[PDB]
Amino acid sequence: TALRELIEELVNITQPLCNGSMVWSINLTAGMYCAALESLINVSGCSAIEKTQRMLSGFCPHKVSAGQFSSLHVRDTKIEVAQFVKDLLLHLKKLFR
Amino acid sequence: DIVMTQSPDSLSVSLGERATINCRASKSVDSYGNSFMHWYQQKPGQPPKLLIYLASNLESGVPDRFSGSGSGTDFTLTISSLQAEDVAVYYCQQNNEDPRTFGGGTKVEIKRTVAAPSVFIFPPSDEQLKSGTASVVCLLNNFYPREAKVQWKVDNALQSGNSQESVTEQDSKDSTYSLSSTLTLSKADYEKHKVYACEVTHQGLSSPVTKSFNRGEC
Amino acid sequence: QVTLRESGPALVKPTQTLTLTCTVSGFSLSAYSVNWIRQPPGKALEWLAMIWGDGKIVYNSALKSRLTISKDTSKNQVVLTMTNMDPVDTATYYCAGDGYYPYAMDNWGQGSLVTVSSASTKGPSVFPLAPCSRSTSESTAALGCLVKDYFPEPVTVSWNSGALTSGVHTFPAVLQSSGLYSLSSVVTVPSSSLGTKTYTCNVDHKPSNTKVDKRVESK
């Protein structure tokens, strides 16, 4: 349901994305919807990712603020939002199976 | 098109007392279990300032006496102990669905002890008189409550239709109001009379206060 | 250190087009969303339009046919145009930037007051407000400036070039039956300072480019 919709949205948006805006690479493990949400929350002025952020906020209802981290521990590799969505898309389709 | 409706339109609360404001949306402002509604504070002559986002999150730097609550259609903004500096108009706003919309606002005022006005009268300046007009100004300073009556008298004749009043918003420090009343006459009417008086009636005054001057100095 | 600053005409003729410019500094418009909001004097905020950093444009529904928002990333400005201006459109127009997700409007400009009228700009005459006399027993004294017969709003009034703010009351302007505004600004000071400390009101009427400094004293 919401998980298919989240995958649908990520494919829907990868058909550039947040041009000039880099996000942190996410360690995709134990239902890390919070880690994905923490990585994207630092993107400013991008209408294209709003739905994904709201959808992710549905799965992770905890307080998540821009700049402040709790879920994220692996802060080293910085990527394009397109690359991040493609990395999130690989993990999300693995959980769906 | 989400319509935001606030209640009450205005409210008056004592210093250090709890203040509560309500907001109602025409459609749900919820998406995936989160409320896309925000609260703003607007002080007189300034732009709005964000206080609360996502219905209950405090904006960084905002005092902790402010809080927000609610879901779907009904929301609340609460000030735990109203401060003199909290006088303002508060607005709710949604971004769940385009277009973004604001509520109509709620004015918050402080209820304080009665304070009589200090009254001053100012004659027209010689420079203004040269141009053919005379403005006579009466100032009622730092009073509470806002209600006050100013009666202009020229040689004891009660004036009407020739004065205009303007009032400040409640002071952010002492919670009082100030008011000016301007009596405007042509230079010809001004020079035909002697005594210019402003009589003030207020809850803080047990008897009306008159400030006056005589044209051509007295 | 993000700042927003609106610029545009103080006065637009009825039926003519209003063009407002919002200059953004400290954030690239390629990743910063800018909103336009207006506020008629004494009335509610009304959201008008927005342009996201990535280009998405949204308009108020009732005013949609009259509004055009656009941007130029080079000059870092967002432009709003509103056609067929009416006296009911007289308001302070604000531009405001979105914060991060959930995208509330966390950064506002000071706002630009736009008046829609066929009347001409007229600079004020500034007169002193000084009592005819004071009582030998009064602790507090009042002084002021009467800023008369100007158009359109606003006028700015400061005291002692902004150094004096305590006890200053600048009243809301009143529209006279002539169609011109009048405003009074007063200050109350302890009586022990007169003749010693100077009190000067600094009046600025940006629409007519009128700037006056007047030292106020009793005759």
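Residue numbers start from 1 in every chain, and the chains themselves are labelled A, B, ... in the order their sequence lines are given, proteins ahead of strands.
The molecule at chains B and C, chosen from lebrikizumab, crenezumab, amatuximab, anetumab, nipocalimab, is lebrikizumab. Tallying contacts with lebrikizumab, the largest count belongs to the chain named in the PDB entry as Interleukin-13. Contact of A:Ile49 with chain C (lebrikizumab) is made through the side chain alone, with heavy-atom distances under 4.5 Å. Proximity to chain C (lebrikizumab) (any heavy atom under 4.5 Å) is restricted, for A:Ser21, to the side chain, taken from C-beta onward. Chain A forms the most heavy-atom pairs under 4.5 Å with one residue out of C:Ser30, C:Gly99, C:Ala31, and that residue is C:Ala31. Counting heavy-atom pairs closer than 4.5 Å to chain A, the top chain of lebrikizumab is chain C.
For a residue to count as touching a neighbouring chain, one of its non-hydrogen atoms must lie under 4.5 Å from one of that chain's; by this rule A:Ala66 touches chain C (lebrikizumab) with the side chain only.
Contact annotation for A:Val43: only backbone heavy atoms (N, CA, C, O) come within less than 4.5 Å of a heavy atom of chain C (lebrikizumab). The residues of chain A found within 4.5 Å of lebrikizumab, using heavy atoms, are A:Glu5, A:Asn19, A:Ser21, A:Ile41, A:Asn42, A:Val43, A:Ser44, A:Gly45, A:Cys46, A:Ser47, A:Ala48, A:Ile49, A:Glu50, A:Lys51, A:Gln53, A:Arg54, A:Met55, A:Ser57, A:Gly58, A:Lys63, A:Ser65, A:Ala66.
Measured between heavy atoms, the residues of lebrikizumab closer than 4.5 Å to chain A are B:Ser31, B:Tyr32, B:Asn34, B:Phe36, B:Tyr53, B:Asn57, B:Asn95, B:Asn96, C:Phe27, C:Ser30, C:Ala31, C:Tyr32, C:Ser33, C:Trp52, C:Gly53, C:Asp54, C:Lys56, C:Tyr100, C:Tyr101, C:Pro102, C:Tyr103.
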Chain A and chain C (lebrikizumab): which donor-acceptor pairs fall below 3.5 Å?
{"unit_1": "A:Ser44", "atom_1": "OG", "unit_2": "C:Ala31", "atom_2": "O", "d": "2.6"}
{"unit_1": "A:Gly45", "atom_1": "N", "unit_2": "C:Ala31", "atom_2": "O", "d": "3.4"}
{"unit_1": "A:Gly45", "atom_1": "O", "unit_2": "C:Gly53", "atom_2": "N", "d": "2.9"}
{"unit_1": "A:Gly45", "atom_1": "O", "unit_2": "C:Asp54", "atom_2": "N", "d": "3.1"}
{"unit_1": "A:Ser47", "atom_1": "N", "unit_2": "C:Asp54", "atom_2": "OD1", "d": "3.0"}
{"unit_1": "A:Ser47", "atom_1": "N", "unit_2": "C:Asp54", "atom_2": "OD2", "d": "3.3"}
{"unit_1": "A:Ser47", "atom_1": "OG", "unit_2": "C:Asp54", "atom_2": "OD1", "d": "2.7"}
{"unit_1": "A:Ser47", "atom_1": "OG", "unit_2": "C:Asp54", "atom_2": "OD2", "d": "3.1"}
{"unit_1": "A:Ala48", "atom_1": "N", "unit_2": "C:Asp54", "atom_2": "OD2", "d": "3.2"}
{"unit_1": "A:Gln53", "atom_1": "OE1", "unit_2": "C:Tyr103", "atom_2": "OH", "d": "2.5"}
{"unit_1": "A:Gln53", "atom_1": "NE2", "unit_2": "C:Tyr103", "atom_2": "OH", "d": "3.4"}
{"unit_1": "A:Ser57", "atom_1": "OG", "unit_2": "C:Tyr101", "atom_2": "OH", "d": "2.9"}

